[PDB]
Enquirer: 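Starting off with a structure, shown below.
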Amino acid sequence: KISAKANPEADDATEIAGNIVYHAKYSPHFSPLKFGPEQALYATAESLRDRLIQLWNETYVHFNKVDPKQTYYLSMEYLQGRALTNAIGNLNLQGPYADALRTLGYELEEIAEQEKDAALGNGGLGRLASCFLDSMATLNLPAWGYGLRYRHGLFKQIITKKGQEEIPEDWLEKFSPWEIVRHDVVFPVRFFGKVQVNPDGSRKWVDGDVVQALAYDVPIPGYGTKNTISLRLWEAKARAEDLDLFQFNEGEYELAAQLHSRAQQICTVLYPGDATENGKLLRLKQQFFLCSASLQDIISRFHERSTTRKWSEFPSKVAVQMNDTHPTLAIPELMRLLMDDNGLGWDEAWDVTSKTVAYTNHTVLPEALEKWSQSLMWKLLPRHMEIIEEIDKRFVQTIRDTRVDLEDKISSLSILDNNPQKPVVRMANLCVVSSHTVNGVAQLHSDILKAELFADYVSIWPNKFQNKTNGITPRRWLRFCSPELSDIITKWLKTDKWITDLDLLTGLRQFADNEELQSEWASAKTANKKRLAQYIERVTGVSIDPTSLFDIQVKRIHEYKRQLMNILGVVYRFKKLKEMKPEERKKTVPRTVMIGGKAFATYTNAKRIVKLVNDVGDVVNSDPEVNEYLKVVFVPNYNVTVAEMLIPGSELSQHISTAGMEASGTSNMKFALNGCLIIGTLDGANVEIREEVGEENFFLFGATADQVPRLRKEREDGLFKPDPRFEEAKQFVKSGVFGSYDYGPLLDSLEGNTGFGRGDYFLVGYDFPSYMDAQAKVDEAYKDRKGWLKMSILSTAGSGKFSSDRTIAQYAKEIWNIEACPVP
Amino acid sequence: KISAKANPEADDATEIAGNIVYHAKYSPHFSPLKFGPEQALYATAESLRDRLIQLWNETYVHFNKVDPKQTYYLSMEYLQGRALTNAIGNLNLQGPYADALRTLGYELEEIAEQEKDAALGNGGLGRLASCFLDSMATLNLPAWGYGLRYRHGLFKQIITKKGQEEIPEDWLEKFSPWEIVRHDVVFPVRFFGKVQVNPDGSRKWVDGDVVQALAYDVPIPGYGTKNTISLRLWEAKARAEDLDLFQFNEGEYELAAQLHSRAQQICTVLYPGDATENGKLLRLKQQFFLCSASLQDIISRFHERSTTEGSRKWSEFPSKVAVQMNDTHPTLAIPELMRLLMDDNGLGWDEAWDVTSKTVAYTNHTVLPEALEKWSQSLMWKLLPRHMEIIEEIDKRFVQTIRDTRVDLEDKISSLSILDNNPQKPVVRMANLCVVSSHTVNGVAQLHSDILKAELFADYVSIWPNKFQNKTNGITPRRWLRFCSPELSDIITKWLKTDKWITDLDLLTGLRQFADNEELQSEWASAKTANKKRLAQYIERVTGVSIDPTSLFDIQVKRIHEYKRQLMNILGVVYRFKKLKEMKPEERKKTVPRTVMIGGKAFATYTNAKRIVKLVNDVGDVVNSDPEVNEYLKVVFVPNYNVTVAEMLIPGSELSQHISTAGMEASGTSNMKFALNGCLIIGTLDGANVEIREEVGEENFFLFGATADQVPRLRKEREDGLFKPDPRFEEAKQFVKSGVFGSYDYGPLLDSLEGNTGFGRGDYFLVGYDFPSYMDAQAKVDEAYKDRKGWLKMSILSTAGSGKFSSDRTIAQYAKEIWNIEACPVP
Ligand SMILES: C[C@H]1O[C@H](O[C@H]2[C@H](O)[C@@H](O)[C@@H](O[C@H]3[C@H](O)[C@@H](O)[C@H](O)O[C@@H]3CO)O[C@@H]2CO)[C@H](O)[C@@H](O)[C@@H]1N[C@H]1C=C(CO)[C@@H](O)[C@H](O)[C@H]1O
Ligand SMILES: *Cc1c(COP(=O)(O)O)cnc(C)c1O
Ligand SMILES: *Cc1c(COP(=O)(O)O)cnc(C)c1O
Ligand SMILES: OC[C@H]1O[C@H](O)[C@H](O)[C@@H](O)[C@@H]1O
Ligand SMILES: OC[C@H]1O[C@H](O)[C@H](O)[C@@H](O)[C@@H]1O
Ligand SMILES: OC[C@H]1O[C@H](O)[C@H](O)[C@@H](O)[C@@H]1O
């Protein structure tokens with residue numbers, strides 16, 4: 001019926017349908033006869049990519065001409081999610097694309113559901129990086145991300161009757177229609193080898209292995225702007241020359257291909273397991289490979305913008321941001337590139353380096369900061385060790401010169417820990433010593449950093465440390481995932497400028513009590529809940545009641561996130577329902593509980609928690625007697641797509657980490673922004689949300705951070721007195737009512753008073769009573785519909801501050817010193 | 001200045017330039033700023049591929065609707081060469097594309113020189129298969145090729161001070177703009193494992209390793225027709241699921257990825273080295289994988305063309321399908337088709353065998369009986385157990401036949417049967433499996449096919465006297481005259497007063513009446529001269545030697561092998577050099593200057609072949625740098641011989657050498673290319689030389705050497721001490737051993753020409769014996785070349801006689817006598 005007709009700039013239904021069909025025909029990846037959903041997606045995605053290329057190229061040419069200071073963000077993860085809807089939306093072509101697909105016999109949703117998530121990351125570190133990219137593009141900032149092109153991600157989670165099983169991700173097994181290979185953009189990265197000392201006394205890293213880094217671009221479109229930036233990803237490749245024919249033809253296939261294998265290894269998965277020496281080396285290879293490829297690419301661009309250049313311009317034209325310690329090696333690597341490849345002296349090269357690099361810490365934990373064996377570092381990266389050692393030797397001399405009062409502390413301040421048992425390189429110390437700025441990711445976290453963790457460094461450089469509170473993008477996380485709700489907002493604010501000025505959401509406050517608005521809000525939530533119900537049946541075969549309360553905990557499965565507390569809470573509520581007469585049951589609040597997330601494969605108890613949730617759900621959900629009032633579901637393969645289906649339908653979300661353990665929590669913000677109320681500890685980003693939405697719209701409970709040490713010491717000393725409901729939940733789990741699986745060894749982590757891996761270190765038992773009492777409040781509040789709806793609107797109305805646009809603007813001004821560079 | 005504008009059907013300069021620029025922008029593989037030659041090529045190739053897709057899709061739809069009998073050709077090699085010029089040319093868009101590129105600031109030649117050869121094959125077996133594809137397309141026949149998508153080819157040859165070194169090919173390290181991946185066309189292929197026997201007596205191959213075969217299409221356009229067929233290539237892949245995360249995360253990387261590694265192995269190189277057991281298994285994996293993937297794809301298409309009820313009746317299968325096995329490599333298609341019919345599709349043995357026997361036909365390309373593939377029964381059981389069961393049942397029935405209807409052949413059963421149950425090295429004789437199973441067996445030249453009926457397969461000819469046939473090899477006149485020699489092709493069209501020869505090559509005979517015409521000779525001289533300048537230019541570019549375009553161009557290019565007698569040639573050269581050093585300058589001015597060019601590749605493990613390449617180079621270093629004789633002689637080794645190289649050498653050639661020991665060559669298609677481009681041959685009465693010489697006429701050909709029937713006798717004279725060597729032959733040897741060509745000891749190589757008996761010695765290939773009649777034929781060539789009119793006359797009659805050597809003739813014969821297929825033109 002419809003005719004192929006290329007129109008790379010199509011912007012109406014007919015043009016778009018012609019261009020989609022053009023790509024179906026003349027960019028084929030399949031037999032021509034069938035044009036089913038999958039072929040439609042790739043066709044549509046190529047239609048959009050025509051737009052994206054035009055804009056990316058314009059933006060590249062513009063930054064080239066203006067030669068502004070440019071920021072480059074280094075991260076080991078990016079959670080890009082699906083790109084289709086975000087691209088349609090930033091190009092403001094929703095109506096036209098939807099019409100185009102219908103003329104081709106498809107609903108956009110249908111096609112959207114075919115797309116795979118780019119498995120390029122894992123946690124909030126990666127989603128932060130991605131929301132930042134969106135904000136850089138929309139604020140017209142000259143900034144890019146650089147990452148690694150992982151083939152298989154961390155893993156795809158399957159749920160079998162044995163619990164979580166891990167299988168590789170396949171998002172590249174056919175092809176990805178977003179990315180643009182650049183076969184001219186290749187840089188060599190070395191490993192192992194040694195340092196040649198030249199007769200003139202210059203130095204050179206030689207020998208070892210050389211791999212090739214190949215650039216692919218993923219364009220990132222901004223909202224209401226031509227500016228389209230890049231997430232540039234690196235693939236490690238061997239050259240064809242590196243296959244040894246002689247050995248292949250001798251039948252020795254692994255030796256023959258061993259350079260190709262070492263390359264493949266680097267982009268196989270995120271965070272490869274590192275109990276062994278091999279894995280530790282592979283991790284370091286990953287980190288180095290990203291730093292070295294990216295910095296060579298950055299230096300190459302610095303020179304390309306020359307209009308004949310002097311190095312002293314470098315930190316006025318470049319800013320590099322290290323996200324956690326993973327890209328620490330950018331420090332010595334930049335030093336290597338300056339002194340060896342470009343001939344600079346130490347002092348000049350260090351001045352440049354120190355003013356270019358800045359460091360973002362995301363961790364409350366003292367021992368979670370990366371430390372590497374000095375022995376491994378010498379083996380893998382000998383030139384970098386020389387440089388790292390000279391950095392430490394000068395810094396220690398500074399402390400003897402300028403600060404004799406810290407002499408006794410040199411053995412913890414220095415970068416090199418020369419402990420005779422486990423000598424290591426302390427990477428956070430290298431970051432802090434070298435960067436012009438260090439920031440944390442929430443006001444409390446940043447204060448802990450200045451006061452406890454990095455106290456003495458704050459002392460030497462009192463202007464080095466800063467705060468930059470995390471945020472989210474309101475495009476992906478409200479405008480695009482919750483379009484019904486966004487229309488309501490635009491109607492009642494009488495503008496749509498909130499989509500780039502999120503503080504305008506405070507205008508909703510005056511309407512929180514308004515009956516018509518609450519009625520509209522109920523309907524949108526009800527409609528988003530039907531959809532979520534649908535999805536849940538589709539992906540777990542469980543039929544959930546849309547009129548019940550939707551209570552959601554989705555995040556990495558970890559003892560400190562206290563999924564176990566949640567799930568024991570559920571066991572308790574279930575027991576009490578079985579024990580009630582039917583007349584008492586009709587008075588409780590029906591609830592559907594939803595838990596999701598992934599456990600590290602080797603993390604035994606995390607894997608036992610996932611198993612537990614499922615076993616509970618099998619029994620609870622199939623009990624005709626109480627399944628009207630309670631259901632429990634494990635949502636599998638939690639990722640961006642899943643979050644996009646859960647958040648708009650959520651009513652209560654649980655952010656209940658042990659106080660002091662979380663530096664932030666951006667999912668918190670997504671929930672708050674979509675009118676979902678929180679039950680939470682006064683921890684991380686909960687502190688800021690609760691300030692912004694108001695205490696009365698938030699279910700606080702649990703010990704506070706300053707209290708926790710004291711409460712552990714009470715446990716060590718036999719003074720802890722457990723609540724009987726806590727013990728009743730445990731026993732009931734041990735009674736074997738949830739099947740043959742012995743949960744005793746899991747529950748053992750909550751027994752005893754002292755010793756590694758027991759003694760309830762995360763205060764599950766202790767917070768259970770105030771947790772369950774906050775849950776009773778949530779039940780009472782939910783029965784008062786007007787009050788509930790009021791709280792939900794004030795939740796959204798207070799979410800202004802949590803925009804990634806605010807965060808990036810702050811970074812741009814105080815740290816990077818970059819400014820808007822709009823493409824005409 | 002020019003704007004992107006998609007026009008998938010561009011057919012004039014302006015439209016084409018717009019579409020090329022569209023692809024530079026919206027199909028990028030590079031940073032956007034620079035639009036240099038490389039980017040221009042990929043951009044131009046994608047413009048052409050738009051046309052190619054439209055025509056391929058039309059052809060697929062047409063064959064689907066008509067449901068004709070379809071031929072599928074199975075080959076382990078294809079020498080596709082560069083595609084750019086062939087595509088422009090078959091679409092008849094030379095003028096428009098050349099103009100388009102000039103508006104973009106490029107000469108087409110410049111861009112064409114950027115393209116890499118598709119390293120999908122090695123020798124004449126593969127180029128035959130490719131020329132056949134071009135002819136299938138141009139005759140509008142419903143036929144396809146199926147092969148393997150090799151990443152690294154055989155190897156790229158470099159020449160170092162050590163001689164030949166082998167490095168992997170890189171033609172896929174960026175990407176290939178011709179091919180079309182088909183992600184819905186995936187079929188599973190198994191290895192190892194075992195046979196489950198079901199209670200109902202049905203059988204099923206289970207367990208082992210499973211790899212995925214993924215189809216990529218390379219469209220093949222026909223000349224002056226819409227018909228565009230496929231070379232469908234298979235890539236072996238493992239699924240993502242097959243990587244073991246647990247092991248990867250334990251640091252055990254090789255185990256973790258072992259299934260991916262076994263898949264990458266299959267498509268790494270052509271003819272992987274097989275001294276070891278691992279290599280033998282890998283070779284068999286390659287062969288099986290091509291047969292099983294391709295047959296599944298074929299069966300799927302047979303069913304897809306059903307218009308009816310349920311599944312269509314199997315008895316139609318051999319009326320709708322023909323499968324051609326090229327050499328013994330794809331023998332496994334016999335038991336595999338049997339496996340698919342009986343196990344997956346439930347047919348009984350007899351019905352399945354009737355189908356199978358009428359579907360498959362076999363082409364032999366090999367004179368010697370110890371080049372035909374034999375495999376250890378033990379390896380076959382390991383790798384392909386179900387196939388062994390079936391192969392065994394085939395042999396059990398064939399032997400019973402020879403008792404139930406031919407009791408007179410009882411005493412020969414132990415050499416006729418498929419299974420050789422020798423107590424030391426029991427093997428499966430694959431040629432015997434082919435001959436027992438196929439409705440037709442053919443050779444590739446009239447003499448070769450007669451040797452097959454009379455010597456090699458005599459007793460099989462006895463049982464099935466209509467089974468055996470001849471099909472003389474040929475070449476495509478599109479790639480090999482019209483497109484490589486365009487100046488010359490215009491002359492031909494002008495004097496024949498038509499251009500219909502490009503698809504009716506026999507019209508070339510119309511040139512004969514003009515062979516004595518001085519205007520035509522004058523035009524011919526110019527065209528050769530011009531082609532020779534170009535060759536001279538290329539040779540400097542790739543060797544660093546400056547050659548004289550006025551000297552005689554004498555070329556031997558083919559696989560380096562003792563039986564091809566590059567060593568004879570090279571010793572001839574050493575002789576001529578010695579004589580030139582020994583002359584006074586007055587005697588030198590009377591000889592005919594000559595540039596000798598030798599090229600080809602040695603199998604990496606073949607010691608003497610590698611020594612010969614070393615020898616040629618060492619001789620050239622010394623000769624070419626000698627001021628005293630380099631005006632009169634130069635010797636050059638042309639590296640990395642492939643289709644591109646042949647395309648540069650053939651149009652500029654004057655004499656070419658096809659001098660194999662008589663009886664050893666079944667054919668020789670390069671012979672034909674040379675003859676077709678007016679290049680005269682110095683050759684033995686062997687393979688295709690017999691036929692060329694008949695066709696061009698004896699007076700236009702430099703024959704020499706012993707004949708096939710004489711060779712045994714001449715070996716027996718050597719074994720008995722009766723051989724009396726020519727003194728010029730010994731003078732050449734000694735001079736090579738005197739160390740005038742450097743420090744390399746050539747004694748062990750030359751040892752192959754010494755002694756009278758014993759494995760690897762005694763001059764088995766009669767180098768020494770043919771040397772005098774060879775060198776005398778070389779003196780004739782010198783005299784004939786001095787008479788320019790007579791030379792030009794011979795060259796024209798060479799071209800004028802090349803009619804019979806068209807691949808169009810060969811494929812038409814195959815279509816009628818073997819496949820029983822016919823023209824199916826796309827409207
Ligand atoms: C008629 C029969 O044909 C096929 O049987 C083949 C085997 O597939 C093949 O492996 C080979 O088997 C030999 C086997 O490997 C060996 O170990 C055993 O000792 O002897 C076998 C014979 O030498 O050859 C046989 C037969 O020549 C199919 O696999 C069978 O399914 C098929 N049987 C059909 C036919 C009928 C009626 O005609 C049904 O009664 C029967 O249930 C059905 O399976
Ligand atoms: C936002 C997000 C995260 C990070 O959230 P935290 O609970 O705050 O650590 C992780 N996964 C997905 C899929 C997300 O969208
Ligand atoms: C035609 C061709 C061959 C054919 O084989 P011969 O044995 O020379 O006749 C081999 N290689 C190339 C590159 C060819 O074009
Ligand atoms: O959750 C992600 C974490 O997992 C692993 O245990 C890594 O050692 C750590 O680097 C990473 O941040
Ligand atoms: O409880 C904290 C730690 O304990 C266990 O050793 C887990 O395997 C580890 O990944 C986790 O982070
Ligand atoms: O080059 C063609 C031939 O080369 C090798 O000698 C192989 O062993 C053989 O299988 C192949 O046919």
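Below, chain A is the first sequence line, B the second, and so on; all start at residue 1. Hydrogens, waters and symmetry mates play no part in the numbers below; they use all other heavy atoms, side chains included. Just follow the structure's listing: the first ligand is 1, and inside any ligand the first atom is 1. Determined by X-ray crystallography, 2.3 Å, according to the entry header.
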Enquirer: I'm curious - which drug did they put at ligand 1?
Expert: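 It's listed as acarbose.
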Enquirer: Could you tell me the main partner of acarbose here, using whatever name UniProt has for it?
Expert: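 It has the most contacts with Alpha-glucan phosphorylase 2, cytosolic.
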Enquirer: Which other chains sit close to acarbose, with any heavy atom less than 4.0 Å away?
Expert: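 Other chains in heavy-atom contact: B.
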Enquirer: Heavy atom to atom 7 (C) of acarbose, shortest distance: which of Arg386(B), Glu389(B), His387(B) holds it?
Expert: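 Heavy atom nearest to atom 7 (C) of acarbose belongs to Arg386(B).
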Enquirer: Are there protein heavy-atom neighbours of atom 10 (O) of acarbose below 4.0 Å?
Expert: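 Yes, because at least one protein heavy atom sits under 4.0 Å from atom 10 (O) of acarbose.
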Enquirer: When you measure from atom 32 (C) of acarbose to every protein heavy atom, which one gives the shortest distance, and what is it?
Expert: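 Scanning the protein heavy atoms, the shortest distance from atom 32 (C) of acarbose goes to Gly348(B) CA, 4.7 Å.
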Enquirer: Note the single closest protein heavy atom to atom 1 (C) of acarbose, along with its residue, its atom name and the distance in Å.
Expert: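 Of every protein heavy atom, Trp349(B) N, 4.1 Å lies nearest to atom 1 (C) of acarbose.
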Enquirer: Under 4.0 Å from a heavy atom of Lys396(B): which atoms of acarbose are those, numbered in the order shown and with their elements?
Expert: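 Listed by number with element, the hits are 23 (O).
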Enquirer: For atom 31 (O) of acarbose, which protein heavy atom lies nearest, and how many Å away is it?
Expert: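 Checking every protein heavy atom, the shortest distance to atom 31 (O) of acarbose gives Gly201(B) O, 3.8 Å.
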Enquirer: I'd like to know if atom 22 (C) of acarbose has any protein heavy atom within a distance of less than 4.0 Å.
Expert: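 When distances to the protein are checked, atom 22 (C) of acarbose has a heavy atom within 4.0 Å.
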Enquirer: From atom 26 (C) of acarbose, is the closest protein heavy-atom distance below 4.0 Å?
Expert: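 Under 4.0 Å from atom 26 (C) of acarbose, at least one protein heavy atom found.
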Enquirer: Please report which non-hydrogen protein atom sits nearest to atom 17 (O) of acarbose, along with the residue it belongs to and the distance in Å to one decimal place.
Expert: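 Of every protein heavy atom, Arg203(B) NH2, 3.9 Å lies nearest to atom 17 (O) of acarbose.
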Enquirer: Of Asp200(B), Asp343(B), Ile391(B), which has the heavy atom at the shortest distance from atom 43 (C) of acarbose?
Expert: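 Nearest heavy atom to atom 43 (C) of acarbose lies in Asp200(B).
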Enquirer: For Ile390(B) and acarbose, answer yes if some heavy atom of the residue is under 4.0 Å from a ligand atom, otherwise no.
Expert: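 Contact check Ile390(B) vs acarbose: negative.
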Enquirer: Does even one non-hydrogen atom of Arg397(B) get within less than 4.0 Å of acarbose?
Expert: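 In this structure, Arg397(B) qualifies as a contact of acarbose - some heavy atom is under 4.0 Å.
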Enquirer: Among protein heavy atoms, which sits nearest to atom 20 (O) of acarbose, and what does the distance come to when rounded to 0.1 Å?
Expert: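 Result: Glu393(B) OE1, 5.0 Å.
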Enquirer: Please list the nearest protein heavy atom to atom 28 (C) of acarbose with its residue and the distance rounded to 0.1 Å.
Expert: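 Protein heavy atom at minimum distance: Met342(B) SD, 4.5 Å.
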Enquirer: From atom 5 (O) of acarbose, is the closest protein heavy-atom distance below 4.0 Å?
Expert: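 So far as the 4.0 Å threshold goes, atom 5 (O) of acarbose is out of reach of every protein heavy atom.
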Enquirer: Can you list, by chain and number, the residues with heavy atoms within 4.0 Å of acarbose?
Expert: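 Heavy atoms within 4.0 Å: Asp200(B), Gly201(B), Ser202(B), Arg203(B), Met342(B), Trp349(B), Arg386(B), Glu389(B), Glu393(B), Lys396(B), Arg397(B).
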